[PDB]
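Check out this one - proflavine stuck to tetr family transcriptional repressor lfrr.
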Amino acid sequence: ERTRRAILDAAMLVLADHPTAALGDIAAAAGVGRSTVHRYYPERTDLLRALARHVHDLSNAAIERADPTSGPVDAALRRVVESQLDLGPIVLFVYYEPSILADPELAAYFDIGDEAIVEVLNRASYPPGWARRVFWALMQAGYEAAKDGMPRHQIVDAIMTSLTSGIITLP
Amino acid sequence: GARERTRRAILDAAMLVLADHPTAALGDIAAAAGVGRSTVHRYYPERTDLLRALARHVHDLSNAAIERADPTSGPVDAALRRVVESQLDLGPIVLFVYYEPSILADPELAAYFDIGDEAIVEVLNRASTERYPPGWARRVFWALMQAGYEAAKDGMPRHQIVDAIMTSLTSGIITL
Ligand SMILES: Nc1ccc2cc3ccc(N)cc3nc2c1
């Protein structure tokens, strides 16, 4: 379990910045040899799908830790947003690398975990499930802004304002 | 000519096939284009070459579509709606190519995507009575567009997606 964790953390750290990195680069960052990675993940796709699952699990833990239904909605959503942003740009990688969510099993797993965020967005309230889509869309813009080196506070403010007001105001 | 037509056939086949089968082999795309694997390799020697070409082509379509929407004609709300429609109509292949410069670590493709990418921002800013960090509006627009492509794969009707994107841009989703 420790070695598996070292490998997946190294994959997160490395692929977030260098999405085409060799398995050698990932092994080195984990403090292990290539054969080690191979023993757990025979093919790159194996590693990438394990990585995705691990990232989703960390995302779900951060949601539970943020405790979205506890206390005032504004402060609660900010806790959620801050801790999702702390995952970093690996999230963009996992959602956009074509071979990852192409697996139907993993795609189904990915649909599970954000029910409490949806509750809170519902409480503070559009086609079916649109609000949920918009929230994660704003999160996506947030990850890209973080990628540009924008400070977490300003991203969180931009997301919260976008949730309540959108980005333009029509005459 | 023949080569131009063949190139367009391969790209058009890639746009359809990869939107539903993101891991499809180059040979599978060849078959969908009605050409031999041998022929496809004279156009794109490796799959990754086709992926970069497709991404260029889609960015091209995106630019032509914004132009075709006459983004500055008439009431700004109706104009913005035309722009949204124009991009929604590109289809779910946009989900495949959006983050591709990053995915492929291809700064050249990133530079390609840059060209024309301020027009949407001009359209948004000139439809707004107020004044967010650099690039925020652009990124939100495209994130919402992709929520749109996803909703569309999930059976949401075009007109309803356009209404939702428009409402999200101009008013958000919650009240605190
Ligand atoms: N673009 C999207 C769409 C739906 C999503 C659903 C999620 C559920 C749980 C979780 N931890 C993260 C999620 N991220 C999503 C991102």
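Numbered from 1 within each chain, the chains take letters A, B, ... in sequence-line order. Quick note: numbers below take in every heavy atom, side chains included, and nothing from hydrogens, waters or symmetry partners. Order of listing sets the numbers, starting from 1, for every ligand and every atom in it.
- Using a 4.0 Å cut-off on heavy atoms, the other chains next to proflavine (ligand 1) are A.
- Applying a cut-off of 4.0 Å to heavy atoms, one finds the binding site of proflavine (ligand 1) to be A:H56, A:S59, A:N60, A:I63, A:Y95, A:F110, A:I112, A:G113, A:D114, A:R132, A:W136.
- In the vicinity of A:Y95, heavy-atom distances shorter than 4.0 Å reach the proflavine (ligand 1) atoms 12 (C), 13 (C), 14 (N), 15 (C), 16 (C).
- With hydrogens left out, the protein atom closest to atom 10 (C) of proflavine (ligand 1) is A:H56 CE1, 3.3 Å, a heavy atom.
- Residue A:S59 has at least one heavy-atom neighbour below 4.0 Å for each of these atoms of proflavine (ligand 1): 10 (C), 11 (N), 12 (C).
- Atoms of proflavine (ligand 1) found under 4.0 Å from any heavy atom of A:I63 (numbered from 1 in listed order, with element): 11 (N).
- We find no covalent bond linking proflavine (ligand 1) to a chain.
- Near A:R132, with a cut-off below 4.0 Å to any heavy atom, the atoms of proflavine (ligand 1) are 6 (C), 8 (C).
- The organism that the entry gives for chain A is Mycobacterium smegmatis.
- The shortest contact between atom 8 (C) of proflavine (ligand 1) and any protein heavy atom is with A:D114 CG, 3.3 Å.
- Of the protein's heavy atoms, A:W136 CD1, 3.5 Å lies nearest to atom 5 (C) of proflavine (ligand 1).
- Which parts of proflavine (ligand 1) touch A:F110 is read off a 4.0 Å heavy-atom cut-off, strictly below it: atoms 7 (C), 8 (C).
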List, for proflavine (ligand 1), each N/O atom that has a protein N/O partner under 3.5 Å away, with both atom names and the distance.
{"unit_1": "proflavine (ligand 1)", "atom_1": "11 (N)", "unit_2": "A:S59", "atom_2": "OG", "d": "2.8"}
{"unit_1": "proflavine (ligand 1)", "atom_1": "11 (N)", "unit_2": "A:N60", "atom_2": "OD1", "d": "3.0"}
{"unit_1": "proflavine (ligand 1)", "atom_1": "14 (N)", "unit_2": "A:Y95", "atom_2": "OH", "d": "3.0"}

